[PDB]
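Chains: A, B, ... assigned top-down by sequence line. Residues 368-398, in that order, are what chain A shows, numbered as in the PDB entry. Per the PDB entry, chain B residues shown: 23-360, in order. Computed from heavy atoms alone, side chains included, the values below leave out hydrogens, waters and symmetry copies. Numbering of ligands and ligand atoms starts at 1, following listing order. So how was this one determined? The header says X-ray crystallography, 1.5 Å.
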Amino acid sequence: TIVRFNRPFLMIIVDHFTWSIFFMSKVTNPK
Amino acid sequence: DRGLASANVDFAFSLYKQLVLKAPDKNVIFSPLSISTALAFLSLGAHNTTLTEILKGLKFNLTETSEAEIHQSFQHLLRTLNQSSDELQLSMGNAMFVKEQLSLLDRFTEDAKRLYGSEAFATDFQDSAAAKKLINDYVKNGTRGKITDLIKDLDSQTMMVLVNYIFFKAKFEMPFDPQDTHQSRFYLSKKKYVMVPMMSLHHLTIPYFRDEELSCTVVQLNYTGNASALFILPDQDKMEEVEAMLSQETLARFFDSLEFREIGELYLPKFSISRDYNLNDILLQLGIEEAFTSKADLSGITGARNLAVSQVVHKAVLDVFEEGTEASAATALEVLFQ
Ligand SMILES: C[C@H]1c2cccc(O)c2C(=O)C2=C(O)[C@]3(O)C(=O)C(C(N)=O)=C(O)[C@@H](N(C)C)[C@@H]3[C@@H](O)[C@@H]21
């Protein structure tokens, strides 16, 4: 299986201890 | 507290949808937790409709949790989110910057310190450059240099600014080897592509979920046993479709549906992005309206209905590299006299 983040994607940084979303992002252009 | 947790996740998705609406094709980075915390701090001084509008806008249900329990929940959360290990640094702070002669109620300043960790810094807003430096330096210190000009313009008649910052720096449990980073295509769309530094890992076992109904693939890269990055990769031309399905329910389903899977190759760009926002229009859309008008009741701050919100600003940065991730954000609520 290959997972290739070569197109727009979401990244969500979370903490399980508190069930918190620290940061949410959509990357449409990483350049 | 599962109640705080659910409200904060719901608020995150509501904010995300409206931030995308500003510019649906642009990069997005924000800290929903920073904005929730800053507005909860403001609510400590709010009464009556101003108060209920803030708490309901933050997605709290006042029939299941009182104002006091909400603040107690933020106090607990904040104490947990200041921690340091070799793998993870996290800091969050709150502050108020106040015209020196403005009389503040002792209850408010006591509660702000006890519950939100907020000191009060005397600020001469009529010396706008000095006031902006004081605030921006506080955010620069708290974010270890990563957010430096949160406040650009600041009304010389400002009475108070409430500020939250968050700082996060972590190592991946499975770091990428820089030797395996190479320039590779990134498709901005089916027909537009550029070359970016593309990190890669080989033969790794991580939590994985293919959502065929939503045409997306989900993987989780851990930093520690509690902190992780959930990545959602829509199939080509399905980003808007996936965005349309986002919610607390959908995110929980993604997490519950993850299973460890052997991955032949994972490719992820090395990138650093930054955005800044004025949140007035969004907060009004979310029902937080009286705080911005002459009907505002912030009399828990001063003992009179003599303050209202003028501007809400947010700035956030996200840096992803082979060893880990750094992300920071700050929120300022600027307050005028009335
Ligand atoms: C960190 C949690 C989280 C954070 C922010 C927003 C969220 O919606 C969540 C979750 O929904 C979580 C889950 O549902 C779990 O699946 C979940 O329910 C769960 C649990 N009940 O302890 C888990 O430990 C996780 N599962 C085994 C993969 C996962 C949680 O990690 C996340």
Trainee: How do the PDB entries name the drug found at ligand 1?
Mentor: doxycycline
Trainee: Under the nomenclature of the PDB entry, which macromolecule has the greatest contact count with doxycycline?
Mentor: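 Main binding partner here: Alpha-1-antichymotrypsin.
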Trainee: Using a heavy-atom cut-off of 4.0 Å, which other chains touch doxycycline?
Mentor: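 Heavy-atom neighbours of doxycycline: A, B.
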Trainee: Write out the binding site of doxycycline as chain and residue number, heavy atoms closer than 4.0 Å.
Mentor: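 At that heavy-atom cut-off, the site is A:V381, A:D382, A:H383, A:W386, B:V31, B:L273, B:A274, B:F277, B:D278.
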Trainee: Looking only at protein heavy atoms, which one is nearest to atom 31 (O) of doxycycline, and how far off is it?
Mentor: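 Nearest neighbour among protein heavy atoms for atom 31 (O) of doxycycline, to 0.1 Å: A:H383 CD2, 3.4 Å.
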Trainee: Which residue and non-hydrogen atom of the protein lie closest to atom 19 (C) of doxycycline, and at what distance in Å?
Mentor: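 The closest heavy atom on the protein side is A:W386 CH2, 3.8 Å.
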Trainee: Write down the PDB name of chain B.
Mentor: Alpha-1-antichymotrypsin
Trainee: Is A:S387 in polar range of doxycycline, meaning some N or O pair under 3.5 Å apart?
Mentor: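 The answer is no, given that A:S387 and doxycycline share no N or O pair closer than 3.5 Å.
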Trainee: So which protein heavy atom does atom 14 (O) of doxycycline come closest to, and at what separation?
Mentor: B:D278 OD1, 3.3 Å
Trainee: In the PDB record, where does chain A come from, organism-wise?
Mentor: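 Going by the PDB entry, Homo sapiens.
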Trainee: List doxycycline atoms under 4.0 Å from B:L273, heavy atoms only on the residue side.
Mentor: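 With B:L273 as reference, the close atoms of doxycycline come out as 6 (C), 7 (C), 8 (O).
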Trainee: What residue and atom, counting heavy atoms only, is the protein's closest point to atom 28 (C) of doxycycline, and at what distance?
Mentor: B:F277 O, 3.3 Å
